[PDB]
Visitor: 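This is the structure I have questions about; it appears just below.
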Amino acid sequence: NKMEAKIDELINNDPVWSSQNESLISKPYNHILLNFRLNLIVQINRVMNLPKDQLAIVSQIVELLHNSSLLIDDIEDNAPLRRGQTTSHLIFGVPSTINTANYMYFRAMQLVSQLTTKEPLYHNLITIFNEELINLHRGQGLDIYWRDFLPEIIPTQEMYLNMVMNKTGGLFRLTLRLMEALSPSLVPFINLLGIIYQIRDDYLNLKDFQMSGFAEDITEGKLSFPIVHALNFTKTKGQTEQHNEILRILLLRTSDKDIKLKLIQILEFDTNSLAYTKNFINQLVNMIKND
Amino acid sequence: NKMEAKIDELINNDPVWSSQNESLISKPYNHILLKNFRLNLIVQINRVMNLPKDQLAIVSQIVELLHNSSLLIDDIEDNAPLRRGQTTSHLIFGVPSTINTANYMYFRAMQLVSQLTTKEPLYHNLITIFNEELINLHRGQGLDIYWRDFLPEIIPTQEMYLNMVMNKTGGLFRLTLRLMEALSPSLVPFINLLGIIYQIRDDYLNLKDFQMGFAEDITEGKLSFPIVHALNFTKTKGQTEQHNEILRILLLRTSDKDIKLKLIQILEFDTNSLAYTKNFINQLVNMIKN
Ligand SMILES: O=P(O)(O)C(O)(Cc1cnc2ccccn12)P(=O)(O)O
Ligand SMILES: O=P(O)(O)C(O)(Cc1cnc2ccccn12)P(=O)(O)O
Ligand SMILES: [Mg+2]
Ligand SMILES: [Mg+2]
Ligand SMILES: [Mg+2]
Ligand SMILES: [Mg+2]
């Protein structure tokens, strides 16, 4: 009698969700919340001319996707720090962080319908959202597979660049394409910026450590731009031993500074991968500065 | 020059993705596919919705993707070594690849949504349905995980547990049903009762199968239906030491057969929670039968 009634009031309503419940599961996200991406949206806008109301929502959407991606990336990469602070999954656990991060992807999708009331356009914005997230996951999927199944596949410079067009280019293209569709193409340019962004991120990760950083990419074992170069150069030049030692070090998932410094000096003096990467970056930057 | 030419051909094209790459990224999802009743429920419900087989195939594909992906993540979240007898994906391909593949399918599934209709309003409603229910799924799943991991900061009551279930399990049940009802040329209450019966029966069988089943729920330490009842029953009957012993076993995250038996025996002899649960499920099935 009273039970059947309670159950009947239950199944005949939307599920109950409290602001307290909301707060409790947003902890991993609130943690990572502690302007440049915002600055990038603004400069792009000096061309896209979106009104401030909309620029604002484009921003909220991009921050949510961006922060969610990092929460997950740190789980995927087993990173202990992000922005000099302890990583969310280590504080709240992998379970909550994965769920909160995926939760936010969906809150992000929800925000898209606050951009328009035009059914044709809205459909377009969603397809953009859907497409760049699909691309993001593909790049990230390759990067993780190459790394976790090494030495199964040794990627070439070409493969690495295609993985980067997907992985990083994904959110760059997403932001700009939403804006371009909202404007009352800068895709190639934004693609080049993402590539430069990723190769500089790979490089400085070792160059900072070498100069003084943690070179956490070595610990992770990633097929970074410098590593891909060193791995193919050594294969090509008959340096069997170096090629193997590079792989062994990546596969140690080591935190020892000396072992990391040894790998880095291999890329500096033996394969010349650091100079190569440095130069490749400049060449890319000049492709713009000489536009 | 030749370097610039290539970077140019690169950035002016769509990102390259091959069938082989698509294959690599799929390994974690395909592994869980080796595991018809879901399909039958769709078939059966359709005798009321009458969607054209073509359209019904996509809804089905969408549902299999959401369901499979959420199971891939659920195993990582519950630290499960097994799923229907086979080794779970994360233990074979790793947590990183399994998470990313599951997440990629969520999005592949979202894409299959616009292949359901081209009618613009109708499509908006389909996306909104998809969005709303995946949000609910994550909310309940998130609260279910919060209670377990923060235990014993919060011990839910039977009412809290039911609202977690309405979000957690009701999510994909309703997403399915609501999409069909929208594409049909309201069974929601019924589908809501179904998900609840399903989750309580799921929590129930996990202990029972072990009593007659590894009772992984004890190891996971979750606030299942019989456990919530036991916790609240011993608190109400002021049975301090039993209440505590239940919490202690759950916090052990134990694999020990003997310790697992003990908690189940506290639930059989002390609180009569398993029986209380059998009775709760039977009353729920009755609202449908009668
Ligand atoms: O951890 P960072 O900041 O160094 C890193 O750059 C993070 C990163 C790059 N690209 C993506 C795409 C989605 C999510 C995270 N992403 P990486 O690729 O090196 O993990
Ligand atoms: O692991 P199972 O199969 O026993 C389980 O039933 C899996 C389950 C139930 N409801 C959801 C919602 C989202 C993802 C997984 N879900 P549980 O709730 O016990 O994790
Ligand atoms: Mg990464
Ligand atoms: Mg990382
Ligand atoms: Mg589970
Ligand atoms: Mg679970």
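Each chain is given a letter, A onward, matching its sequence line's place in the list. Throughout, chain A uses the PDB entry numbering, with the displayed residues spanning 4-37, 42-191, 198-225, 229-307 in order. Just so it is clear, chain B uses the PDB entry numbers, and the residues here are 4-38, 42-191, 198-224, 229-306, in order. Both ligands and their constituent atoms are indexed starting at 1 by order of listing.
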Visitor: Looking at ligand 1, what drug do we find there?
Guide: minodronate
Visitor: Write down the name, per the PDB entry, of the macromolecule bound to minodronate (ligand 1) with the most contacts.
Guide: Geranylgeranyl pyrophosphate synthetase
Visitor: Name every other chain with any non-hydrogen atom less than 4.0 Å from minodronate (ligand 1).
Guide: A
Visitor: Could you find the nearest protein heavy atom to atom 16 (N) of minodronate (ligand 1) and give me its residue, atom name and distance?
Guide: A:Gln147 OE1, 4.0 Å
Visitor: Which one holds for A:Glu83 and minodronate (ligand 1): side chain close, backbone close, both close, or neither close, with close meaning a heavy atom under 4.0 Å?
Guide: neither
Visitor: Give me the residue, atom name and distance of the protein heavy atom closest to atom 6 (O) of minodronate (ligand 1).
Guide: A:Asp214 OD2, 2.9 Å
Visitor: Say whether A:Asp80, considering both its backbone and side-chain N or O atoms, lies within less than 3.5 Å of an N or O atom on minodronate (ligand 1).
Guide: yes
Visitor: Nearest protein heavy-atom contact for atom 18 (O) of minodronate (ligand 1): which residue, which atom, what distance?
Guide: A:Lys174 NZ, 3.2 Å
Visitor: Give the residue and atom name of whichever protein heavy atom lies nearest to atom 19 (O) of minodronate (ligand 1), and the separation in Å to one decimal.
Guide: A:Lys238 NZ, 2.7 Å
Visitor: Can you report which non-hydrogen protein atom sits closest to atom 2 (P) of minodronate (ligand 1), along with the distance?
Guide: A:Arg89 NH1, 3.7 Å
Visitor: For chain A, which organism does the PDB list?
Guide: Saccharomyces cerevisiae
Visitor: For minodronate (ligand 1), does A:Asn218 get within less than 4.0 Å through its side chain, its backbone, both, or neither, judged by non-hydrogen atoms?
Guide: neither
Visitor: Among the UniProt-annotated Mg(2+)-binding residues of chain A, which have any heavy atom closer than 4.0 Å to minodronate (ligand 1)?
Guide: A:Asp80, A:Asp84
Visitor: Test of understanding: given a 4.0 Å heavy-atom threshold, classify the contact between A:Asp84 and minodronate (ligand 1) as side chain, backbone, both, or neither.
Guide: side chain
Visitor: Can you tell me if A:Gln211 contacts minodronate (ligand 1) (heavy atom of the residue under 4.0 Å from the ligand)?
Guide: yes
Visitor: Which residues and nucleotides from other chains come within 4.0 Å of minodronate (ligand 1), counting heavy atoms only?
Guide: A:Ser76, A:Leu77, A:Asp80, A:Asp84, A:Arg89, A:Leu143, A:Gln147, A:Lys174, A:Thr175, A:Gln211, A:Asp214, A:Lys238
